[PDB]
Amino acid sequence: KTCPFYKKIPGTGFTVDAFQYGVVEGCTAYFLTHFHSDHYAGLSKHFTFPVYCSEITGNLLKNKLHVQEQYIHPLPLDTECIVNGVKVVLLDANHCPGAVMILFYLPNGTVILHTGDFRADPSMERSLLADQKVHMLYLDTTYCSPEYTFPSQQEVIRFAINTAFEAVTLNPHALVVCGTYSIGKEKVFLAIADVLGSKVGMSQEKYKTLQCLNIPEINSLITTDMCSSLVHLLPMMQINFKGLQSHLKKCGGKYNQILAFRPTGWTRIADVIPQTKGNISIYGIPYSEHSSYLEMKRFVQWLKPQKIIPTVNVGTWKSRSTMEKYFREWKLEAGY
Ligand SMILES: CO/N=C(\C(=O)N[C@@H]1C(=O)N2C(C(=O)O)=C(CSc3nc(=O)c(=O)[nH]n3C)CS[C@H]12)c1csc(N)n1
Ligand code: NI
């Protein structure tokens, strides 16, 4: 495949999250917004062009994908930087650790925001974004439809902490399991382990990944000694009745209950009822690191871009058409 147009920044030689197309012709610099596999797809130890990213993303490139250090160009956040003759700023995307949005200040006075993947927040409206007009927006449209309503991260964490704390205080032999398949959503397991006074147990591979994320005091919070911990991280693929029944056999049968948390259910918060089989309960918690529809709408209506380019769900005519209809509705409502 060749690089799609929505991964190219016009008036520049820049691409964003475009590593799976080989040598992109006329690309002078490759930006990586965050360390999720659809975005880094293609990077390896044999990559020989400059990669611009956050420090955390660079740590993950170095240690997990074995990208050579000479090609990793970490940039600080909230700082005007010049990359191949163009002023850029990286901003926190409120996504996963190391995830950024990129502001490009084009020679002709155009300003472009690329959100990477993000969860829009009103905090962004009082940030550096407020200090200049932004003309073009490359937008994370993951949940650009009104049925995507889910609660705040804080509300979801409140539910998870309360559920776990109650269960473990009632039954000291209970185990909490959190599923994972990528970086992001670390707050779920860290918050639960904090309330329980436990470290989070995990594989060496997961431990290594977390050690790349610049989380303060991380050494006090995580461990590879599983049976010393009340909170385990497992691959998301194991979060099912058979997988958790098998896990219950570990640590000499020390545990007699599992409460597992699986991020899901995007389409009150107390109405989260688990799927239960005997002493295993699986809670499908709607913890998202992407904008809800209303969050996305608010951000775009505040920013008032002249042109929106979706970067997600662009593969079907139906999805493209429906997104463009929402953008038009938003524009007409707000008057821009
Ligand atoms: C709230 O849970 N949301 C989940 C999820 O983790 N679902 C659970 C899961 O894997 N479940 C399974 C089962 O084990 O097959 C089932 C199937 S019912 C069942 N399967 C058995 O194998 C068994 O021995 N007894 N019973 C009764 C119900 S949903 C639950 C989810 C959302 S997306 C995704 N892939 N999973
Ligand atoms: Ni992502």
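Here chain A follows the PDB entry for its numbers: 699-965, 972-1040, in order, are the residues you see. Order of appearance sets the numbers: ligands from 1, and atoms from 1 within every ligand.
- The largest share of close contacts with ligand 1 comes from the chain named in the PDB entry as DNA cross-link repair 1A protein.
- At ligand 1, of the options flopristin, ceftriaxone, fedratinib, silodosin, the drug present is ceftriaxone.
- When non-hydrogen atoms are compared, ceftriaxone lies under 4.0 Å from the backbone of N938 as well as from its side chain.
- Considering both main-chain and side-chain atoms, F939 comes within under 3.5 Å of ceftriaxone through a nitrogen or oxygen pair.
- Less than 4.0 angstrom separates some heavy atom of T962 from each of these atoms of ceftriaxone: 32 (C), 33 (S).
- Within the listing of ceftriaxone, atoms 1 (C) sit less than 4.0 angstrom from a heavy atom of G988.
- With ligand atoms numbered from 1 in the order given, ceftriaxone contributes 1 (C), 2 (O), 6 (O), 8 (C) to contacts under 4.0 Å with heavy atoms of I986.
- Taxonomically, the PDB assigns the source of chain A to Homo sapiens.
- Heavy-atom contacts of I937 reach the following atoms of ceftriaxone: 6 (O), 10 (O) (cutoff under 4.0 Å).
- The residues lying within 4.0 Å of ceftriaxone, counted on heavy atoms, are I937, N938, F939, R960, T962, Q979, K981, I986, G988.
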